[PDB]
J.: 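Pulling up CT-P59 bound to Spike glycoprotein for a closer look.
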Amino acid sequence: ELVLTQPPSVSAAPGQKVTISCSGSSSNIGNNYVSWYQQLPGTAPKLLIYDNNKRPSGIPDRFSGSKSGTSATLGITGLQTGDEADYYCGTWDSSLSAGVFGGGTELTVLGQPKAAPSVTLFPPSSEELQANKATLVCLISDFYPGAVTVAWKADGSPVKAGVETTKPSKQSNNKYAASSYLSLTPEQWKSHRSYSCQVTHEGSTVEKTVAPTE
Amino acid sequence: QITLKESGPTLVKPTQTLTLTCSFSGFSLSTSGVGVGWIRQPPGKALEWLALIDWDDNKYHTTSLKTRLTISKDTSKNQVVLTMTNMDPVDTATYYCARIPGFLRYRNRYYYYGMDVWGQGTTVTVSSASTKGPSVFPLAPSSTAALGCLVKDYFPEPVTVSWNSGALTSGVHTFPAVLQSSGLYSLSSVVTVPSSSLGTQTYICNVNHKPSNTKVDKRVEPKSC
Amino acid sequence: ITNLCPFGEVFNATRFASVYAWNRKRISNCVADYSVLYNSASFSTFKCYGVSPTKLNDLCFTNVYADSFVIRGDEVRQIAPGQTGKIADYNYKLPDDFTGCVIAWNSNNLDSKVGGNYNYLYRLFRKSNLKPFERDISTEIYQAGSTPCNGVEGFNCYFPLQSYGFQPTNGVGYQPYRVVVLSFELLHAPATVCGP
Ligand SMILES: *[C@@H]1O[C@H](CO[C@@H]2O[C@@H](C)[C@@H](O)[C@@H](O)[C@@H]2O)[C@@H](O[C@@H]2O[C@H](CO)[C@@H](O[C@H]3O[C@H](CO[C@H]4O[C@H](CO)[C@@H](O)[C@H](O)[C@@H]4O)[C@@H](O)[C@H](O)[C@@H]3O)[C@H](O)[C@H]2NC(C)=O)[C@H](O)[C@H]1NC(C)=O
Ligand code: NI
Ligand code: NI
């Protein structure tokens, strides 16, 4: 498991202030120096802070760091859209005799109003059933911010065995889309009475259902 | 400035050994307190510290991986070499090296700056799968309406998907691939259309898989049910 | 002077010092049988300066000092006079006119440890080089960079001592070596230590 704990996500509006926290033990943060890293999508990480609160050359005053006890905090003020990235804490762990990274925090800069998702649940195609395969495809489109949770159920029972889900990606209209798949055998697809794809977004849960009875 | 570059295989078979080399410029591993570290990052997951080699030839490793990791350096060549044995598909990640400008140890106390300069990173995939072209199935419109096609069971990445040989661009979005437990990739591409054009306009998704020299076309039509 | 010289309390000591804080033992009024040491193949290094190792027993000296410590294998060559390097500059320095013996042997079965022995230290940073036979055991923070340290450890603000890290399966060059430096006194005063 992870010996450093970060919140999975954090969000604010442009110009506002956001803080990302990082908790550990005395074996790491409590007795060693904390460094912070920024990772824009598709590129290598980049050092933001070292020695708890110092900035390397090229990092503006907008980023600051602090450490108290066994917790560290990264503060980002005056948010710009270009600050959207994953942020990590790092340090040395004296017990493991090795370095450790936190789970990372995904920062979302809210420069667009909330948009509910459009959910479509496709049953297995006729050709796929003839090919002795079956795949439910739950597509999710036109939502903001890019954060959704997907759950599958067979006759009301939670399904996780054949579930694969993509991380949300930007659409051409700057909203976000995601997809999830449930791989079944034709027997399993015919055995259960109906299947559901439930999508949660900003507290609101919507769902679409399909049935082999049709 | 400091510049590091990783190099090595981009596809290894399961149980084989991965050998990565880090070539760097702008600093020396003969300097007191300087080390070179390794990090990896599976697709869509956190950074995972791997190993560090020290100017005085001290070596540190992630505990859960120590029996699989070997690290060495050649100061004259400005190179560090990391080998990881018994590679598993879960070891599929992007592997980085980085400079540690300050790393010192006094008995139980440490100073560890962190990693101030990271390499570009090289992506290593561990898979026993052989090259296979995809199967393409239509996602018939439910009845605005949504339609698409499912690109299934192909290896390796990538596939390119267009609609009507590039004629259809508006309302088209193609998703990133998923890796199934079988070791084969799947992908979807969806088009948002007005529900009044279902019986009028036609939609053909063209799937192109360069590694297997496979080019397949599928017509997406509304089901009669 | 009938009692033999207690070289056993030097070479067979239970604990040896870190090189930065080398231990010095006074040797006087004894019979110094140097023949058994030179004969023993258990020593990796037996260099003499100013004297002949085979003529060591035929000699008398004003006094004998024995310096002991533990260093890395590839650092034994730095104990010799006129040398440079992190040990010769920052930890233990022999003068150019040194007169005595340098004796060392491999202690990997005593000073290594599974997972690494990190207890032995050497001085990694110092403002200037050491005077011959000078001993520096201070622990003040070393300013490596340009920013003042104010005694606070940080980047380029370093504790001056570094651990060795002796692994049982290190190469011989990185294995621990115990070193005994016998310094012979060149004074014109009456002698104190003589061989048989
Ligand atoms: C420093 O200590 C070493 C180690 O021995 C230690 O000290 C002696 C006095 C004993 O108390 C041991 O129990 C300690 O561990 C000294 O080296 C040792 O010197 C001994 C003579 O003083 C010598 O004894 C015999 O050596 C020859 C035969 O040994 C054979 O058999 C033994 C097994 O008993 C075996 O280890 C060895 O390899 C041989 O095959 C022979 O000359 C005589 O029979 C003699 O009695 C020890 O072998 C030798 N080494 C060991 C490991 O005991 C050393 O003299 C001390 N030096 C100083 C300056 O004090
Ligand atoms: Ni069931
Ligand atoms: Ni190693």
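Going down the sequence lines, the chains are called A, B, C, and so on. So for chain A, numbering is the PDB entry's, and the shown residues are 1-214, in order. Following the PDB entry, chain B shows residues 1-143, 150-231, kept in their order. The PDB entry numbering applies to chain C: residues 332-527, in that order. These numbers come from the heavy atoms of this one structure, side chains and all, not from hydrogens, waters or symmetry mates.
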J.: Just need the ligand numbers or chain letters for CT-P59, all copies if there are several.
T.: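 Short answer: chains A and B.
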J.: In which UniProt domain of chain C do most residues touching CT-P59 lie?
T.: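 Those residues lie mostly in UniProt domain BetaCoV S1-CTD.
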J.: State the chain among those of CT-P59 with the largest number of heavy-atom pairs under 4.5 Å to chain C.
T.: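 Most heavy-atom pairs under 4.5 Å go to chain B.
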J.: Could you pull out the residues of chain C that sit within 4.5 Å of CT-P59, measuring heavy atom to heavy atom?
T.: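 Using non-hydrogen atoms, the answer is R403(C), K417(C), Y449(C), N450(C), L452(C), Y453(C), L455(C), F456(C), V483(C), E484(C), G485(C), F486(C), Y489(C), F490(C), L492(C), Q493(C), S494(C), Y495(C), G496(C), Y505(C).
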J.: Curious: at 4.5 Å with heavy atoms only, which residues of CT-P59 contact chain C?
T.: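 Counting heavy atoms, the paratope consists of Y33(A), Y50(A), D51(A), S32(B), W55(B), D56(B), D57(B), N58(B), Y60(B), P101(B), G102(B), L104(B), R105(B), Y106(B), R107(B), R109(B), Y111(B), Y113(B).
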